[PDB]
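Below is one structure, written out as structure tokens, with a few remarks after it.
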Amino acid sequence: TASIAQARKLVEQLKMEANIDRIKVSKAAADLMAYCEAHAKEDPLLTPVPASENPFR
Amino acid sequence: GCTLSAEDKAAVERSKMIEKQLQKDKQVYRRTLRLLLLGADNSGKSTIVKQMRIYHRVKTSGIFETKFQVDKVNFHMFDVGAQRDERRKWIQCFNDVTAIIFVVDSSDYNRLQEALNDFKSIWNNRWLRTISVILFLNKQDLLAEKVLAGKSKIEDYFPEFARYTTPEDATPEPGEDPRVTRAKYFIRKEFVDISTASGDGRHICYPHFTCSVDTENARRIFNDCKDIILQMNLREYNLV
Amino acid sequence: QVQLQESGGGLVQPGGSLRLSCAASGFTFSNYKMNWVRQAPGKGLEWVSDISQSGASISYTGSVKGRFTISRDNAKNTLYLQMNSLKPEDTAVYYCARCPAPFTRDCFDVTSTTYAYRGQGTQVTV
Amino acid sequence: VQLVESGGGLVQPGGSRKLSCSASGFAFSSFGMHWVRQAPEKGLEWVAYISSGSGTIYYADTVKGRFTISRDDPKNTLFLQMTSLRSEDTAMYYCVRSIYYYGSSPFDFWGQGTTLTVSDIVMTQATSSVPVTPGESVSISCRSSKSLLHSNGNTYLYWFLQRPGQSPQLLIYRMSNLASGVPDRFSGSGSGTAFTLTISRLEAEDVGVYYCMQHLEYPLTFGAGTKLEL
Amino acid sequence: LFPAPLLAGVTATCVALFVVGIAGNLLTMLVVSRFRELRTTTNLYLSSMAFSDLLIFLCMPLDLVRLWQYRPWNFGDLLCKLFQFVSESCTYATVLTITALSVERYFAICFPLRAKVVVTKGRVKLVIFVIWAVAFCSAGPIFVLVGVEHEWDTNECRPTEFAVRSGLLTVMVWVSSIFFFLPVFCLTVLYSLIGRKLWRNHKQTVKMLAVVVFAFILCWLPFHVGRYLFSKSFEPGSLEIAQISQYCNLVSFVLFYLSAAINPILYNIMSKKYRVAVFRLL
Amino acid sequence: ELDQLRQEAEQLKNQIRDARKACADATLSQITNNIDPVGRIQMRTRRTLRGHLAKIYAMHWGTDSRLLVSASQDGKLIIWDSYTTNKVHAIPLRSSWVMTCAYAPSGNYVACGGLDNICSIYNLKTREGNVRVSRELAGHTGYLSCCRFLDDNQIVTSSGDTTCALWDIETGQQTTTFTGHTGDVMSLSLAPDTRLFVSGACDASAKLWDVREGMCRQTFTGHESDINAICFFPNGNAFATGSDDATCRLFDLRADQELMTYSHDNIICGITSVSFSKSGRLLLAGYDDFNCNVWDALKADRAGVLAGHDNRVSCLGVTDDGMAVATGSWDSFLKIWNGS
Ligand SMILES: CN(C)N(C)C(=O)[C@@]1(Cc2ccccc2)CCCN(C(=O)[C@@H](Cc2c[nH]c3ccccc23)NC(=O)C(C)(C)N)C1
């Protein structure tokens with residue numbers, strides 16, 4: 001009788017997870033791109049810093 | 001050193017002392033040989049570790065370790081407990097052990113194919129390609145009784161047994177019937193064929209016929225590890 | 001979403017024949033080695049047959065060797081098992097197992113109690 | 001943690017004495033040890049240093065040829081063998097812990113001290129005595145002959161408080177960091193040459209003498225001491 | 001002395017050997033240094049041999065000039081002594097490192113577990129240092145034997161007539177012959193034991209050890225027989241022995257530079273770790 | 001009754017897939033098509049940390065981007081000073097088989113675990129001057145995969161058995177248990193706000209958990225094989241995974257979908273580690289091949305390659321300021337990489 005209990009639990013989990021409001025992929029990709037653009041100048045790996053500022057050189 | 005403050009020099013000295021302790025640990029780490037013990041629930045490897053204990057704990061204990069010495073050489077055997085069925089992930093932690101000790105119950109033919117598949121998986125693994133296997137074909141007396149009784153037949157599960165004949169060159173134990181020798185040689189030949197099917201150059205299998213009363217398993221492990229180390233030395237010293 | 005569905009199965013007279021199919025989806029069928037496993041009542045899962053990525057290497061267990069044939073169709077994403085001359089000892093639930101990783105010879109846990117890349121099985125009765 | 005010193009007493013101006021420092025409650029072998037002496041009614045004065053391993057040993061210029069420092073790690077004892085003792089060697093000798101790694105707090109625990117009676121960067125503390133009342137703010141300043149800032153960015157300035165009849169207690173290490181067990185009312189700041197110590201709310205417990213020490217180079221040098229009194 | 005075409009051919013073969021040996025030694029040193037995994041115990045001895053052979057080859061052009069042309073020695077006495085000191089020290093270091101490799105291989109094969117317990121790299125570096133010190137102290141009486149000899153019109157780097165008359169020449173001959181008699185014994189006995197152990201498949205390891213020992217004897221026996229003939233050539237009654245001692249030393253010269261060229265191939269060709277490292281260099 | 005439940009689960013999965021498809025109006029690659037390429041990312045090994053005897057499984061950065069901690073199968077934890085290559089601490093473990101490391105955000109504690117089903121916490125700053133074990137958490141019935149500190153008194157672990165747990169260090173008890181997966185949970189990533197976390201298990205799925213409610217919010221199920229690594233986008237609204245199949249994938253919390261795949265035909269090995277850049281435009285992944293590939297997050301392109309290690313790359317991390325990347329591998333060496 002463990003299989004039916006597991007199936008009931010899985011059905012309950014699927015029922016909970018189905019009820020979610022989802023935004024479009026365009027808006028989400030735009031948000032990711034905007035975050036990447038707004039913080040570009042603060043990335044030492046993307047834009048390497050001069051040797052006078054690099055603590056590892 | 002230059003351009004270092006006094007605190008920097010003291011920190012460097014502390015780091016050097018740590019490195020000294022690390023070297024002292026490294027010597028001991030290199031001294032010992034690590035073995036991984038595998039098998040099924042009917043293999044009887046519990047008795048094997050019990051008889052290794054002659055040579056000298058939370059409930060959910062993930063690993064059991066036993067130590068023993070043969071001729072002033074330290075061996076560390078690791079037994080896996082309180083782990084799930086899936087071995088594909090935690091088996092990669094034992095890719096640098098000296099050898100794998102595989103224990104097989106040869107008495108029952110119902111689960112011999114399961115042992116053969118386990119040996120195939122261990123032998124053919126990507127991260128276990130270098131490791132050699134010391135194979136113990138346990139419970140020889142039970143197999144001898146089963147083959148003398150005649151009630152159970154090996155050809156039911158391995159149909160090629162009828163076509164098998166024991167090799168002309170053989171070393172049977174004194175007082176052993178030819179049927180027992182034929183059964184033992186066929187059972188060992190299955191594992192040897194699996195071993196030699198692929199990857200024979202990198203690693204070697206060492207088959208043995210052991211039992212519960214046998215007390216020479218420590219010496220057999222010692223000799224097989226000596227041969228493994230000899231092969232590794234041949235590879236390392238540009239001899240090959 | 002890795003899915004494996006088995007189709008064939010049913011009541012068989014002794015000496016009869018069957019053909020099992022395993023339609024696979026959610027992964028590239030060509031890069032994986034496929035297996036067939038079964039679980040007879042009152043027993044654990046048993047490995048039955050095996051076939052490589054191209055079908056070059058094929059392996060059977062000794063109990064069914066000479067009667068069963070395994071084949072795959074990499075274009076149709078399906079796995080087959082032709083069961084000839086069934087015996088009353090062959091009554092089990094047959095599963096279509098997938099090897100854990102691609103481009104590998106070794107399959108580890110296809111017969112484990114809970115395996116993620118295995119099907120729901122089909123009932124074969126003789 | 002406990003450091004107990006033994007030895008000391010009436011000694012002739014030509015005799016030899018041996019001081020011992022028995023340690024318990026901490027990992028003795030992983031700490032560097034210092035000897036610091038304070039003359040009667042005078043300020044502190046560094047003497048010697050032996051590192052966690054016995055490789056590195058330092059001495060003050062005034063005791064270089066006569067004193068020697070050694071440690072016995074299995075016994076957790078620190079020694080100081082003194083010979084050719086002069087009349088200016090009369091002081092109370094302290095036993096000080098010091099551990100050095102990235103972010104450590106050296107000079108944190110001092111011993112109770114043992115008294116002996118015999119029959120370089122300049123740190124300036126202009127103030128000598130200051131009258132205070134509880135519930136006030138006071139500032140204690142000091143100056144350094146040499147700039148204490150390093151290329152590492154650290155400044156290596158230490159502040160100690162010696163309450164009446166007790167051993168010194170570390171307050172601030174490397175000019176800004178507050179030692180553990182010290183109340184948050186103490187604050188440390190300053191330039192690379194001039195520094196200041198601020199107490200926000202005075203208490204009867206804060207009355208004592210405050211010393212400043214540099215750890216940029218050896219020998220380690222102290223200030224004269226600014227005394228807060230009620 | 002010898003006809004011109006013969007020396008031209010010998011020079012061509014010697015410069016070909018120079019190219020081969022320089023390339024091999026540079027590749028060995030680069031491979032050992034670049035990879036931390038290939039920094040094994042035996043690779044330290046291999047690197048020491050590579051350094052010794054590299055110095056021997058860097059000293060080669062003065063030797064070719066000295067035989068080839070008999071040009072006057074306007075380079076000075078100190079260079080005349082230093083050149084041969086460096087060459088002799090490098091040869092002694094090479095033979096001592098060969099013997100050390102033989103001993104280490106024997107101990108690592110016949111007693112594997114005890115060798116892995118006992119052998120450490122900290123002792124290996126000390127052994128290398130003692131080898132180099134023994135080389136520098138056995139090649140150190142070459143500041144008295146060798147000097148520039150005149151008749152400034154004609155000058156050569158030659159053994160000193162006072163050393164020859166007093167008798168230092170034969171003592172140095174025997175001291176050098178020790179460096180042949182001991183390594184050949186060690187190599188032969190230990191490699192025979194290794195082959196016996198491996199012979200109880202494994203055919204190529206024994207055959208390769210026999211090629212290595214045969215190459216050692218082939219290249220180093222004429223070197224010391226030629227030195228003995230040279231030392232005996234100085235007797236005023238030694239007339240017939242001059243031509244044999246001449247061509248014996250010329251052949252020993254060619255095999256002397258053949259040894260520094262073949263040592264990297266003999267010791268680095270079967271590693272299967274060196275090969276993949278070189279192909280990783282690309 | 002089982003058949004009806006299975007049919008209902010199938011219907012629910014179908015409608016979830018339909019809802020996810022309805023929101024897929026455009027792809028990430030379409031929107032970022034006109035964006036300028038990052039270029040070529042050249043990096044050099046600034047430091048190399050030596051001292052471990054065996055292979056390294058985990059490393060972690062301090063909140064001050066200077067200090068590290070690493071684990072090896074020798075049974076040792078080493079804390080490094082990355083600026084000067086100084087070993088600050090060396091901690092011997094009771095069990096050799098250690099799989100994970102964690103550094104407390106305050107910096108006072110370090111945790112570790114492995115084949116022994118225990119998470120051990122060590123007190124770095126004691127009055128005795130030594131590092132001593134502070135607590136052993138002993139509830140899991142499988143090997144410990146990952147550890148992540150919440151505070152000085154809270155930690156989240158993932159284990160070989162399918163569950164994940166939240167612990168109270170002072171009492172040593174499981175405050176919460178997360179019981180959704182059906183395989184070994186292999187990785188674990190904490191959100192920037194530390195109100196949520198994600199995990200990747202040996203099934204092809206990943207789950208989003210609520211730390212305080214102690215329940216699963218979303219499942220993503222995009223890969224084809226076991227998921228070995230997981231990491232959060234710095235925004236906290238996305239995450240990336242690495243799996244036994246050669247691909248790496250980026251998933252979206254708000255759109256409940258998969259955004260883009262990072263795969264190439266020449267890559268046929270598994271990804272062991274995954275990390276993001278401070279700006280989030282660079283994705284760094286370690287491979288079974290002895291190299292590490294830098295990826296362009298917005299456009300699926302390989303900007304650069306890290307080709308220093310000569311064994312399997314096992315761990316990977318980027319400092320909080322984004323200054324450097326540290327790479328561990330099975331040859332027992334750590335490398336710090338920096339730009340030009
Ligand atoms: C024509 N022959 C008869 N003559 C007069 C010779 O001199 C030679 C022919 C030759 C000329 C020019 C170029 C190449 C070969 C024959 C003999 C060898 N030899 C040397 O110079 C010796 C001197 C020596 C150093 N320790 C000893 C101990 C005992 C005897 C001798 C020596 N050093 C060397 O071999 C190296 C290469 C190691 N530096 C040269």
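Note on naming: letters A, B, ... go to the chains in the order of the sequence lines (proteins, then strands), and numbering restarts at 1 for each one. Values below: all heavy atoms of this structure, side chains included; hydrogens, waters and symmetry mates excluded. Start at 1 and go down the list; that is how both ligands and their atoms are numbered.
In this structure, the main binding partner of ligand 1, as named in UniProt, is Growth hormone secretagogue receptor type 1. The drug or drug candidate found at ligand 1 is anamorelin.
Under a 4.0 Å heavy-atom cut-off, the other chains found next to anamorelin are E. With non-hydrogen distances under 4.0 Å, the site around anamorelin consists of E/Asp63, E/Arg66, E/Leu67, E/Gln84, E/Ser87, E/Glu88, E/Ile142, E/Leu169, E/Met172, E/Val173, E/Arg227, E/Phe230, E/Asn249, E/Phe253, E/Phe256. Segment by segment, following UniProt's transmembrane list for chain E from the N terminus, the ones with a heavy atom under 4.0 Å from anamorelin are 3, 4, 5, 6, 7.
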